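For reference, the structure discussed in these notes is given below.
Chain letters run A, B, ... following the sequence lines, proteins first, then strands; residues in each count from 1. Just so it is clear, the values below take in all heavy atoms, side chains as well, and ignore hydrogens, waters and symmetry mates. Each ligand, and each atom within it, is numbered from 1 in the order the structure gives.
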Amino acid sequence: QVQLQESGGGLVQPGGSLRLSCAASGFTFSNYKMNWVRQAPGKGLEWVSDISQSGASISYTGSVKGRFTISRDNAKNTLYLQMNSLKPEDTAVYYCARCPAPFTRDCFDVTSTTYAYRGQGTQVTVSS
Amino acid sequence: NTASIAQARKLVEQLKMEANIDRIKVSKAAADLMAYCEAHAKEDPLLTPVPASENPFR
Amino acid sequence: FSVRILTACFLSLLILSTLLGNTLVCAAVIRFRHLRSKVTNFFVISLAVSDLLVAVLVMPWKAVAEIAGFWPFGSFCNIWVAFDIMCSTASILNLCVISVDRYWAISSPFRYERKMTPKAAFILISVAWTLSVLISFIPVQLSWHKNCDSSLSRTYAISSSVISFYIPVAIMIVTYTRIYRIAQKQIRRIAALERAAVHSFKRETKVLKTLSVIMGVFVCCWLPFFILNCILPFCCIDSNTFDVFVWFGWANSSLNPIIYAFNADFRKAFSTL
Amino acid sequence: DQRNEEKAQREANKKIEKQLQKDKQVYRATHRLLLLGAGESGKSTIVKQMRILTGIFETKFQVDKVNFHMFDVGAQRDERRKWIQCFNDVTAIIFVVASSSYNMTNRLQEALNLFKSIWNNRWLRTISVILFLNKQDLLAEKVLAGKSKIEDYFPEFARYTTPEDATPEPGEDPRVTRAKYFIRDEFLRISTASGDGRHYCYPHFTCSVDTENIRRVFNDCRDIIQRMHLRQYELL
Amino acid sequence: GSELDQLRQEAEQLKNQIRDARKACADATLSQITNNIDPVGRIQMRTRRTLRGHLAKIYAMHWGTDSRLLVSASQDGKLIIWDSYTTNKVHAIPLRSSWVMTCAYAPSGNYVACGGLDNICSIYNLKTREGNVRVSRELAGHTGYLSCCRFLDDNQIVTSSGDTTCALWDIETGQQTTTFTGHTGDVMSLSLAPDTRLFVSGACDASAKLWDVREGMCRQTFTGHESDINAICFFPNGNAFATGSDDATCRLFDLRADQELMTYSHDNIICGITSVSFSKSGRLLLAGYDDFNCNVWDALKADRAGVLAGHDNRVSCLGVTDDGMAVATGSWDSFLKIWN
Ligand SMILES: CC(C)CCC[C@@H](C)[C@H]1CC[C@H]2[C@@H]3CC=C4C[C@@H](O)CC[C@]4(C)[C@H]3CC[C@]12C
Ligand SMILES: Oc1ccc([C@H]2CNCCc3c2cc(O)c(O)c3Cl)cc1
């Protein structure tokens with residue numbers, strides 16, 4: 001059963017640090033292009049970060065480029081998202097959107113909701 | 001949020017419907033499949049090499 | 001069979017490699033259909049066909065003649081000459097029309113796919129073949145030439161080599177030098193987009209290197225013979241070195257499958273066959 | 001009998017073969033096109049500015065006796081991982097990008113990940129992409145007025161300058177040129193990241209002038225089949 | 001108070017209970033009995049009849065109950081109905097839309113179906129008295145691409161489309177009798193059991209959901225896969241079915257077992273399957289991988305009985321006759337290789 005549980009997050013002060021841990025069970029974690037995609041309250045799902053099947057093609061969106069850090073762990077099958085220097089615009093529900101096909105570099109999880117391999121999400125909100 | 005509410009409602013209803021089913025043992029299912037295969041293997045043109053006499057393709 | 005055995009073995013290896021590549025291309029185009037349904041390869045097929053011909057009815061006779069100096073099948077020698085021409089210029093014409101095809105595939109690809117239908121490709125192949133026939137099979141019955149190694153009539157040899165090589169290589173030079181200008185134009189457009197993404201000549205020389213094999217090798221083999229073929233009646237050149245350049249011209253037929261059937265579409269069929 | 005019905009079947013097969021050979025020239029002439037975007041990115045304006053023309057599924061035009069099949073997907077669902085594989089024999093995947101809607105959601109990044117998914121696709125890797133940076137006229141007042149800056153959605157814009165091979169427009173501030181060409185270079189960065197040579201991106205800016213846009217598709221598709229044939233003959 | 005949170009927690013608890021009930025009846029697997037049955041061997045099948053008539057890539061096909069005529073769809077706007085016995089294109093239907101993804105031969109050979117990114121499942125008459133073929137009924141009820149479709153009779157057919165919902169259509173009235181909802185991802189394929197009373201449908205959310213055609217509800221759900229289930233086909237027995245997804249691994253689920261029986265995994269392949277069907281006996285599972293080849297797997301020994309050469313492009317469609325005479329594979333090179 002393809003399931004992704006993204007634990008972590010909460011109500012943190014903007015500019016601090018956070019760590020989202022996506023326990024992805026039900027598939028070979030070392031073959032899918034795992035990625036994090038956020039959805040802002042009222043806005044659509046925006047792709048945040050992406051990592052290759054091994055950890056080479058690491059990329060983030062321009063809103064979090066340089067601040068966030070994605071890292072896959074194929075030993076425990078877990079995707080870690082270290083959010084550093086949080087932003088008041090980063091308050092959103094982050095989903096562990098998995099790549100549709102393994103061993104490929106194309107992922108179509110950047111689309112709207114009702115995605116196949118998309119966890120419940122973590123409501124990472126910032127304080128004020 | 002009522003759309004996700006209805007979606008999860010139908011999901012949990014399907015889960016409840018699938019929970020109250022007759023789940024047979026995997027051994028019985030494998031034995032049934034193997035019996036069907038061995039009873040249909042003597043007439044399967046793909047399993048056994050069929051000569052060009054009755055096969056309309058070769 | 002002591003000092004002539006080396007050139008005998010070289011000539012046999014050359015003709016066997018020619019026939020091997022030719023039969024390989026022919027099997028790849030008659031058994032597989034992804035090399036015969038595409039129109040761009042159609043002319044190439046004809047080339048291989050002509051190549052097949054020169055490997056089955058031109059190369060063996062001159063090969064068994066040069067290894068000992070004599071000539072079997074004397075009463076057919078004139079016909080063999082025709083056969084040789086009936087192949088050689090054909091190949092050139094095929095080569096030429098291939099470039100022409102490639103030119104239409106590079107200059108105006110839309111008008112190419114609109115006008116040069118497989119029916120039009122067959123028309124062009126037949127035009128090249130009948131040109132080779134009327135320049136080879138017609139003058140042999142009228143005896144427009146001059147053991148059979150005599151020269152050809154300068155009224156015909158000049159008129160033939162022009163139609164056989166000079167006019168095709170003139171179109172082949174133009175079509176390939178126009179392709180180079182268009183390929184460089186695309187390369188400049190490629191570099192204008194590639195360098196802007198990073199902000200060169202390695203890819204710009206790939207087309208020049210490819211044109212150095214698809215045209216330079218064809219020139220470096222056939223032209224050294226046709227420069228003598230135009231001055232041998234106009235004189236210069238001996239009989240023991242002219243045939244070597246004739247075989248040097250046929251050497252392009254040995255590398256034709258290595259040049260035009262070198263694409264990934266033909267390479268995958270050669271790996272299985 | 002032994003050949004009574006088989007002769008009629010062979011005659012019908014010959015008629016079908018004639019019809020298919022007549023339609024093969026059409027299929028090779030009508031270069032199909034895939035028109036898509038990150039959502040409301042201006043594809044409707046592209047269909048409107050194309051031959052001045054069952055909802056919105058496929059539109060066809062013809063220039064220089066060369067017809068095209070621009071297929072729009074404004075009626076499909078959100079997920080694109082499957083119906084986009086049907087455009088594997090397509091000629092050009094016309095990616096209509098909203099060069100001014102980067103503010104709203106980050107529609108620009110939505111187009112990048114879709115363009116990256118189209119580029120790195122196992123089946124769309126041999127098909128070029130006609131990048132249509134739509135809403136360029138809206139971009140002129142989007143960056144100069146300061147309402148929407150690339151900095152809020154891309155940090156590489158701060159370390160980016162106008163390229164030397166840029167073609168400015170009379171009456172366009174260099175800040176727009178730096179912003180507009182950053183959108184091109186951002187997509188071209190993904191386009192050149194593969195480096196396979198089988199397909200190249202064709203960045204073009206539209207929606208600023210209401211002139212003929214099918215010429216920008218014809219002149220690009222001409223270079224598409226050019227480089228396709230150049231790559232076929234190893235001349236590129 | 002927080003109905004969504006508690007209801008999703010209850011759904012997760014129900015999924016855990018389903019997993020526990022599946023593993024309770026899973027003390028062994030289908031491999032534990034491979035020592036009792038002998039394999040078939042490396043059977044190399046060759047193309048007895050080739051069908052090179054399509055102008056674009058062949059995306060879908062289907063076989064008839066006569067095991068002689070086969071329909072095939074391509075992105076060229078043409079639907080070619082070949083005669084696999086004598087290699088003649090019996091029909092060429094000019095389709096309204098070029099891009100079509102589904103094919104379905106009627107159980108009586110009188111009708112045929114289509115559908116693609118046009119979202120319209122155009123039915124066509126085959127044995128009509130008007131001479132050439134014509135549109136029988138325009139089924140327009142799907143909001144997404146039509147992935148696959150199957151025929152039940154000359155009156156009602158079923159279509160699994162990319163709108164996350166399957167629909168049992170009706171050729172007479174032209175409206176959906178029942179709509180099978182529940183898929184979260186765009187559906188990719190579906191298959192009918194030999195009894196025709198219930199049908200299975202594989203979608204992109206790795207869920208091969210089993211629905212009942214009579215009641216129109218979801219009988220069972222098989223979420224044992226890992227990626228988009230591009231192909232799915234019911235075992236000739238009628239109580240099992242194979243599913244080929246994008247993870248290059250096929251999975252054999254069983255209806256009464258409600259779990260996966262065998263996984264046809266192989267390290268040599270890394271590209272998913274797009275075309276899957278069983279032989280007459282079901283021992284041979286034809287799986288069309290994305291590596292331009294088709295693997296005949298031993299559905300009971302968990303090993304491939306043979307790799308097929310031929311196709312140079314992605315094999316997108318596959319069909320085995322109802323008597324298992326010959327398997328027709330249609331790839332993206334406009335070719336239909338019929339192995340036997
Ligand atoms: C005696 C000499 C001059 C005969 C001339 C030979 C020429 C005309 C013949 C020999 C072999 C022939 C080719 C054999 C096979 C094919 C493939 C077919 O799909 C198109 C025609 C094509 C490409 C033929 C064109 C004509 C051809 C090249
Ligand atoms: O004494 C002879 C010398 C040479 C030849 C052949 C040589 N082989 C290439 C074909 C050819 C020949 C002569 C031509 O004048 C010509 O135009 C062509 Cl294309 C024949 C007889």
Report, using the naming of UniProt, the chain with the greatest number of heavy-atom pairs under 4.5 Å to ligand 2.
-> D(1A) dopamine receptor
Ligand 2: drug | fenoldopam
Give, by letter, every other chain that has a heavy atom closer than 4.0 Å to fenoldopam.
-> C
By chain and residue number, what forms the binding site of fenoldopam with heavy atoms closer than 4.0 Å?
-> C/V81, C/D84, C/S88, C/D149, C/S150, C/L152, C/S160, C/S161, C/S164, C/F225, C/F226, C/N229, C/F242, C/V246
Please list, by UniProt number from the N terminus, the transmembrane segments of chain C that put a heavy atom under 4.0 Å from fenoldopam.
-> 3, 5, 6, 7
